[PDB]
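Structure of venetoclax in complex with Apoptosis regulator Bcl-2.
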Amino acid sequence: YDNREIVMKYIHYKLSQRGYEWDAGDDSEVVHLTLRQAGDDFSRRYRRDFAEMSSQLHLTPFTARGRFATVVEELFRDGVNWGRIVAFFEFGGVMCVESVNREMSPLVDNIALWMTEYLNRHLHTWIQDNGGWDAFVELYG
Ligand SMILES: CC1(C)CCC(CN2CCN(c3ccc(C(=O)NS(=O)(=O)c4ccc(NCC5CCOCC5)c([N+](=O)[O-])c4)c(Oc4cnc5[nH]ccc5c4)c3)CC2)=C(c2ccc(Cl)cc2)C1
């Protein structure tokens, strides 16, 4: 599995779904389909949290990484599970949408990098040891 691909496809899907553009994301399949379906379902179930986050972020170029780090720490404070990983992807999608809304499209490239590195370094061992994306697909696909 390729975490950069997973992030790129997911962000492209979310942005395209809501009418936003991301130049660098213009373009195993089972993981991408499962992740985007899970995230759509999460956003429907927690739509109030989704709207609240969308309206409160108030991003700027110098604060975006801190907003990202602050939410991700809180999201995982009580431990990682697959639903919190889906929530992390959905949050990354909100950060990207809000970046364009604030006329800061270049931040989408940064956020995709931060998500990828989070998967590659912080979440990597938990994901591997709890069965990888294959287990996520068996559970929720
Ligand atoms: C600063 C903040 C921290 C403040 C708080 C919040 C918001 N909070 C974040 C944590 N949150 C969680 C966490 C874990 C779970 C969970 O059950 N965990 S679980 O048992 O592992 C699991 C259970 C089911 C599925 N799948 C169902 C399938 C149904 C058929 O279709 C395929 C999927 C999965 N799964 O991984 O797919 C995994 C969960 O409940 C669900 C319920 N339905 C779900 N559907 C998909 C995922 C999911 C999770 C919800 C609640 C909302 C913040 C916030 C704000 C905006 C954005 Cl944008 C983001 C975050 C920021």
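Heads up, chain A uses the PDB entry numbers, so what you see runs 9-35, 90-203. Determined by X-ray crystallography, 1.6 Å, according to the entry header. When a ligand or atom number is given, it counts from 1 through the structure's own listing order.
- With a 4.0 Å cut-off on non-hydrogen atoms, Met115 touches venetoclax through its side chain and not its backbone.
- Residue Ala149 approaches venetoclax through these ligand atoms, each under 4.0 Å from one of its heavy atoms: 59 (C).
- For the residues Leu119, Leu137, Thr132, the heavy atom positioned nearest atom 3 (C) of venetoclax is part of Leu137.
- Near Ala100, with a cut-off below 4.0 Å to any heavy atom, the atoms of venetoclax are 37 (O), 45 (N), 46 (C).
- With a heavy-atom cut-off of 4.0 Å, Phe150 does not touch venetoclax at all.
- Annotation for venetoclax: atoms under 4.0 Å from non-hydrogen atoms of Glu152 are 58 (Cl).
- In the PDB entry, the organism given for chain A is Homo sapiens.
- Close approach of venetoclax to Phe112 (heavy-atom distance below 4.0 Å) involves ligand atoms 58 (Cl).
- Looking at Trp144, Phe104, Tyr202 and measuring to atom 25 (C) of venetoclax, the nearest heavy atom belongs to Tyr202.
- An N or O contact shorter than 3.5 Å links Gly145 to venetoclax by distance.
- Nearest protein neighbour of atom 13 (C) of venetoclax, counting heavy atoms only, is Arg146 CG, 3.8 Å.
- Between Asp103 and venetoclax, at least one pair of N/O atoms sits closer than 3.5 Å.
- Applying a cut-off of 4.0 Å to heavy atoms, one finds the binding site of venetoclax to be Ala100, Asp103, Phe104, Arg107, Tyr108, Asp111, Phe112, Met115, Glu136, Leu137, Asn143, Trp144, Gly145, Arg146, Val148, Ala149, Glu152, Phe153, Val156, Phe198, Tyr202.
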Starting from the N and O atoms of venetoclax, collect every protein N/O partner closer than 3.5 Å and put each pair on its own line with the distance to 0.1 Å.
from: venetoclax; atom 1: 21 (O); to: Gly145; atom 2: N; distance (Å): 3.0
from: venetoclax; atom 1: 36 (O); to: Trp144; atom 2: O; distance (Å): 3.3
from: venetoclax; atom 1: 36 (O); to: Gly145; atom 2: N; distance (Å): 3.4
from: venetoclax; atom 1: 45 (N); to: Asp103; atom 2: OD2; distance (Å): 2.8

